[PDB]
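Presented below is an entry in which one can find telithromycin.
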Amino acid sequence: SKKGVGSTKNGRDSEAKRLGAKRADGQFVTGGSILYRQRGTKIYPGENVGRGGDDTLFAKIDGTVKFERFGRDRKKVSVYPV
Amino acid sequence: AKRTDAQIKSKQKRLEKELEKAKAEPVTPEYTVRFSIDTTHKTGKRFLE
RNA sequence: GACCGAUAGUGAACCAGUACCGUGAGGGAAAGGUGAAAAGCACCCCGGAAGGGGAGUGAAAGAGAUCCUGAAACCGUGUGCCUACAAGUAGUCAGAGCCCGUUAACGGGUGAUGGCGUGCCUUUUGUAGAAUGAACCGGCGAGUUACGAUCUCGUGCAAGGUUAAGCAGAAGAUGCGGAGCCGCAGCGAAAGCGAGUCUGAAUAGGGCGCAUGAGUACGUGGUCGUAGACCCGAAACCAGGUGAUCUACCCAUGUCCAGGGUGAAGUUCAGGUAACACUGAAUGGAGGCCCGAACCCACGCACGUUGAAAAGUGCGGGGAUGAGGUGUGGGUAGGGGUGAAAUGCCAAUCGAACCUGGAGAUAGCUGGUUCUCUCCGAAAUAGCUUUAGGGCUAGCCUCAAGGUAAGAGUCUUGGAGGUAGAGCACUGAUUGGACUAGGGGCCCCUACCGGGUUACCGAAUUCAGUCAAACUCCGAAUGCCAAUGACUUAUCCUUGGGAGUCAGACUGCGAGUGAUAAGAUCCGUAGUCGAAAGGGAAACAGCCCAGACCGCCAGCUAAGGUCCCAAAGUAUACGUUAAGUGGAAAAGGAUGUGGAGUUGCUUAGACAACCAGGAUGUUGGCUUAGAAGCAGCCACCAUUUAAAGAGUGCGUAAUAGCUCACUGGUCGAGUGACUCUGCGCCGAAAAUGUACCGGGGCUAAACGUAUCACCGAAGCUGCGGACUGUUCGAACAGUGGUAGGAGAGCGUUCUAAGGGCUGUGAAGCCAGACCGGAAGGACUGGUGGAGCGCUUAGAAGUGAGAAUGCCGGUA
RNA sequence: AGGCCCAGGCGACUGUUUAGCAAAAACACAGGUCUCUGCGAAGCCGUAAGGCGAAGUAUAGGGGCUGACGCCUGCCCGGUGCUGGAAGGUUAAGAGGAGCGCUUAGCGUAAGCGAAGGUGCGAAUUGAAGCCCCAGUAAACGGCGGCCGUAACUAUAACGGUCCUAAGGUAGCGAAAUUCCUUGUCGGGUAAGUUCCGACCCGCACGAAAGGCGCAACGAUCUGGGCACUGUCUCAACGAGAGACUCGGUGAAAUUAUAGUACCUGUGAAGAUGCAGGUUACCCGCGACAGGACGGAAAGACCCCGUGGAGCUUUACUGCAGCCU
RNA sequence: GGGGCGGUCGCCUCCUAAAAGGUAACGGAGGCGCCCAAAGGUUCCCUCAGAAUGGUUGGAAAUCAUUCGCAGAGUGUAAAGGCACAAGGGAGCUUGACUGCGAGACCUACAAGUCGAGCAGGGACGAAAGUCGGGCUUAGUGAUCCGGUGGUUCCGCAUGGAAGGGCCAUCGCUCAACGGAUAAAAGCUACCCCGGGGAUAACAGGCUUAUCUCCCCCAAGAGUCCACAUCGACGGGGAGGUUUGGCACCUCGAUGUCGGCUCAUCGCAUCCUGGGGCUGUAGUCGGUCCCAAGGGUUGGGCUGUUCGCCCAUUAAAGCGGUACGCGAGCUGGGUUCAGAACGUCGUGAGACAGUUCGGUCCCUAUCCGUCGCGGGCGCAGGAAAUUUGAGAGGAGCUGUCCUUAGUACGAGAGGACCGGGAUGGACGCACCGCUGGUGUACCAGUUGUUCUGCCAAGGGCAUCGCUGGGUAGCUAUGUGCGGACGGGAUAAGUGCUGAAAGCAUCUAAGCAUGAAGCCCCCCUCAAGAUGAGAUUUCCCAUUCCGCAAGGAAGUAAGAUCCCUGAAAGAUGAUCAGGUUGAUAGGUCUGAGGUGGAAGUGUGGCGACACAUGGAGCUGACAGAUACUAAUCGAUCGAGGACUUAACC
RNA sequence: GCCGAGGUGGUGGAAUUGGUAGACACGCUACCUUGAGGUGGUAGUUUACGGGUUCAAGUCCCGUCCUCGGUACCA
Ligand SMILES: CC[C@H]1OC(=O)[C@@H](C)C(=O)[C@H](C)[C@@H](O[C@@H]2O[C@H](C)C[C@H](N(C)C)[C@H]2O)[C@](C)(OC)C[C@@H](C)C(=O)[C@H](C)[C@H]2N(CCCCn3cnc(-c4cccnc4)c3)C(=O)O[C@]12C
């Protein structure tokens, strides 16, 4: 016996895009290097960090990276020099 | 079932190929207006002297 | 001649394009060796001969006409040992007994008996596999060559390396020949510019460069490209021929058809008429007519089915004077003929014949691919693919050169991320109560106007409770990214050469699909197998222990075990169970027991049992002829009494007749409910045979807790070897392995300078109780009777157990 | 040296046919019909000569279809083919050459223009057959409907309405070589009949030359019944011969890893002889039997796969011969 | 999760996804192939949805103020992430929806994709600071090749041009099968062929057990009352591995398929028969349940059928396993080979979502395994017989009629258990005297032809020529027999005594009944029963070696070779005999069978009849008979190990 | 239950988003004609539903209901 029903309708899925931390806390980091790939602003730019057009957080200068917090319930990437 | 289902696709491919060679559009309709009038008011007799 | 030596080299070393095979075109073998010389065995014997035994010849006759050597399969003869109560992938290890006495050493042949043990190959996730291949033995049989590319290594010359054709030169080296090629300089599409240059408007930025400069010519080796390119294998396609001696049809021309019936047209005669029609006799001889021999054909059965026969025999069967059978001669030929049509037939071929060529077609598919040891050792994954059993790149493996100590673990520290859990603060779901606009329904009248009600539904509010992969006010353990120091081990990074692998399996865990089925499927994660032997689980890839260089008749252990198969405790202590539970399974059921926890009855007296009470208002009135409840309502009422419901049982067609209820007396101390939990019981059935302990068997030899010994592996240790790597003969560390990478060698044939051994016996062949870490190598002895080794180099037709391989011999 | 009878399906028949599985209900057949063809016919073979047709001439010769005979053969020309027409639209190459490039003497201080020539391209115009168009043809290819109401009700519709079509299946037949439902239902045969026969007719999914319906004869045809008959069977027995079996002569073959080759239960690539635990079993043959050796044979014919093949088809693609123009 | 169908093929978002990132499936949900000249930029401004009230037509809900509303709204668009310092709303001004780039990063096999501070040139807004290389982030798209367009201090085959090319900017692709094989492509194959796979489907085996079959729990209810005689809803728990399935683990270098035939065997979830308990069981009949697998379980019509229905029996016509048992055992009707036809579909070759007619079933048995028969040795001497039984096989079924007895029961109608007796069916074992069969060396009749020279009498051949009988042997359809009687232990059940637990109780102790089942009784085989047995009886303990153990070589009792043979038999074997002997052949008497022989005579013209004359013949039958053959021979075959104990 | 098709006036039924209680043929109603019927002549009645999109909806879109048929349990 094999009675026919088909049509899953749910095959497809998009390609995994690699959001999240690309560099860590206390990591030495050159200029222009992507610190955080995200959608929206799960984490904000702080000192010496810029937010991109695809709202990635990248470092503007050389220096270590710190994920501090924006006070209430909110985070922040900031790059400091040595 | 496979023997019948192979014909059921062959005839559809013949159909789509003859339709791509045919390309005979439906005829555009002629032009009508329908337009009409009423002017059904109760009117007296005398108009213009 | 660094070609062949009789399966090689021509197909053919020989009366070979022969024998055979085919109509034909065409295909196409097998098969060498007496001796130096015929001196080829006069003669005698058995024998009819064949063939022998002697004698001669001969160096040898074991050299006698398929004749040098003469292996292995296979077939025989004799005997040393074993063998007619034992199943044994046929061995190995232990092992007596017997019989020998070698290349003389911890000898050799046999082996009763014990432990262990399911061939090799290929393909596999996995093969003893009831998957494949081979009957055995022997020979033959697969990664080569040319030209070119690149990499490593070698050598010469080196910012210059080097010639090719050619000429001369013994098929040579060498001399000449620099024409050419590659490099030294790159950048740009190009003009061009030049240690810079393109883009650019830019003195900017960036790309590619050099400032950190080596190439080139040859040679070995790895690999790639073009060639049949590693062997073997298609079905097929095409070109030119050969075939109607079978068969299809046709053409010319002959020939065959025992016999028996039926009886057409016509004709004649008689009747009949106006003449015809018509009727009846006879005659006639028609017929894809009938029955049935020859002959032809094949339908039914049985037999044959390694046949008597590659289509038949036996018994019956159809046609058997015409669309007939058949002879002879002839015609049509393949993308064609022929076809009373089946794609049937065309030489035992046919949806397009056969042969030979292209041709070694192609094969992403299958099979095979041959010597050894050592170092290292995968993958079954991602992406893409007219891709899905294939391929490419990346991951993983290996070698070398580098950079060189970056890697790795753990502690401390900082982070990102929102699952498990939990919670309702969003989003969805949702249980009940409280109110609650409102929607009905009963209606009253009445401009659906005003209302009056209901325990008929209720939108929204609130309290209290639930739930969520796509819900989060929250939020772990881990894993992950880092830095920082700290130790502790070395293994990362790059460049280049070479890969293989993209069929995975199961187990534990986290999910999905499924039925929260599957030895199912599909991911994450870790292990194991793959590619892992050893011990345990009876046997068993995948479970547990643990990783094999080797020897030992040495010890300690892991898992698992200690009554006997079968090594170790009939070990100790304290409990449990009694079903063989252990050694198969649920809801549920049960006075099975063991242990914890409370409670009620409770020597002014329970429980069991014995005795008497079985009432009063009122014998209870209806649906009823009844019900003292009793086929079922209505009160769940209330005192006589130490004590009785107007009722739980029993019974009749209902009352009837009763029993318990409930308290008294006799008795004489444990009794009577409940909960948790330990070990058990039933529930409990299937297929050749005990059959769900491996077995015997066990009541501890089961289970739980605890302790001590002991056994137990190829683990670890001891001792002794060998190899690889590290530090400068020693130490330290190591050594399973498939595909695969790498390294060291053994052997064969030939050549080359050396060296020398062979008629006092070479190669080969047959034996051995010899040596080496392997491939292998000698030393004796015997056959052979003329070539052949050693050392260093070179070049390969280079090593076979597997192809349903080819040929031969033989089972 | 015939068995016979009763009924039915198909095919009229005699013939022919898959050598070597199918002998037929398949071909063929006389008959019917349609169409081609004026004779160097048409069609065919061949590039062509040359032939067949055929030393034939429409009562002849090719081709399609259906198959004696009897009664008949309905409707549709909308689509596709043929056939005829062709006023008109389109439609090739060849013809034609308006023009535009490019080059260039020359003119231009530059910028640019530029004759003639060469040369590259090229518009208008003309240009057949075909096709579009207009008719005929169905024994050409083919096709042949729905729904609603209505009669003393118990039902159907002679009848009427209305969509759609090119027309809506006529006669005859009908559970059939065609009926799925299905063993339809009724009747017969039979003790009992899924088959059979006669009816009915909700024809899944008959139907008039893919012919419809019948039909004497015929048929190694298929199908049901009956008489006779019997070892075909209840249910086997005996006898004869040829093998088998013993002896003398001769003597293969497929197969085959080596085999000293038990059976339970289990395990295991999930179906063991060979493994495990048990159980049983002296050694060696001869006649038998065939359960196992996933026995032998044939590199599965089924299924999938291969960017394999080959025959066939068509309104698949691309071409070619032919045939018109 | 075979292939086809369906569905999908590229990109984005969430969940799966296991708190980095990643991650699959034909897992769960959705979107995309765009839109916007403002929905971009900047500057300056500013805050949302709802609710409660006040408000005509305005309604439940437009717009208004009014408080409370850090968030539901809004964010072009799915969904996630994010946002009230706006990224959400307005208005002005604007074109940065710029050019050349781009240190460095994320991502990734590659091709690609994403982010990018900053620099320069030119701008926009802003006083300036500054921000702006599109939108709130992530989708809104495709390579190359070939062509088009635009521009260019590029090249341009001798030179100048040009044709043409390069560069830069750009356009043409649902190349949607989205890394795109061509600019261009659909089918049949049953007429089929090849290379592979059990990498992949069916059959059968395996895991699973949703489904199926079977069993059970709870109990509402039905059953006049009454859940539990029999039923049992709503729900729940299991077994089995026979159904339909799931998965693809073995096999595609072949594991033959359904039904039937032959032959079975096994399970018990029992169809009959046996024993029981409960009843809503009066009796006959029953219903359900428990134990029991020992035996039995039919013959026909139609169908290929299993199945099913029907007819007629039965005590019953059980369900299932064994490759839906069994094709190296058989059949081949059905299905799925080639021919052909119908209906129907397709334009078609062909096909079936159908039906119909016809169609090659190969194999000498090696091993195991079965059923039989031999040959060797063993069994501490060699022999001949008779045996016990470990063990093993077989058998094991049951009807009807009569009597008890018209008794028990019943109001009747109807009608018994138990206890006896007869006679059957199927099956089994024997045997042939009877009934029959067969009887091919028996007897008779007769045809055709031919031979014995002829008549007569015979022979050959024609299936033994045919036909009528038929002995022995073998045989059933025939006859005789059997499965009986019983013990012992049980199963379900029924009980005594009887506590634990003053009672009660088939309980732990103690006892006993109780089935066709178990063990025996019955029949067969059976000491290879290597555990080799036990009885009774025969023969006896010789000859050399050799120094022994031991060897060999004559024998005894006994047996065999060879021979006559059948009661036996494939061959071996067994058995009866081998000259003091009836073992076979012949003989001669007989039985039996056939039936009236030949010759002769008589009667008839003759075919022929009758007498001599129950004659003649006679195979296997049985009784005598030494006639013939079983001759003479030859071979094999004991000398009895050791220890201990007991005896004398 | 799944797939495919249609749901208009009493009837059958056309309508590419653009005016339909119906535009087209029948019924039906009122009148006329006729002795009275029939024919004939004159006039007359929200697209299955609910919610959008649109300036406009039978139509375009999302859901519900019904009926035909194919595809199943069972007899
Ligand atoms: C006569 C017996 C034939 O067997 C059968 O054919 C048949 C009975 C079978 O059952 C046989 C066992 C088959 O096996 C089966 O194959 C199936 C495909 C599968 C089966 N299992 C695997 C399931 C398997 O059992 C098969 C495939 O044979 C086809 C075996 C295969 C090896 C053969 O083909 C085989 C060689 C046959 N053959 C081929 C010629 C056939 C044509 N022909 C006919 N007659 C003649 C003939 C007559 C007279 C004279 N000359 C010639 C020639 C023969 O000549 O003889 C055969 C052996």
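By convention in this document, chain letters (A, B, ...) are assigned in the order of the sequence lines, proteins followed by strands, and residues within each chain are numbered from 1. Partial entry; contacts are within-part only. All ligand and atom numbering here is 1-based and tracks the order in the structure. How was it done? The header gives electron microscopy, 3.5 Å. Because only heavy atoms are used, hydrogens play no part in the values below, and waters and symmetry mates are left out as well, while side chains stay in.
Including duplicates, the parts belonging to telithromycin are ligand 1. This structure shows the largest set of contacts to telithromycin coming from the chain the PDB entry labels 23S rRNA.
Chains with a heavy atom under 4.0 Å from telithromycin: C, D, E. The set of residues with a heavy atom less than 4.0 Å from telithromycin is C:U305, C:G307, C:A310, C:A311, D:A297, D:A298, D:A301, E:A254, E:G256, E:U360, E:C361, E:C362.
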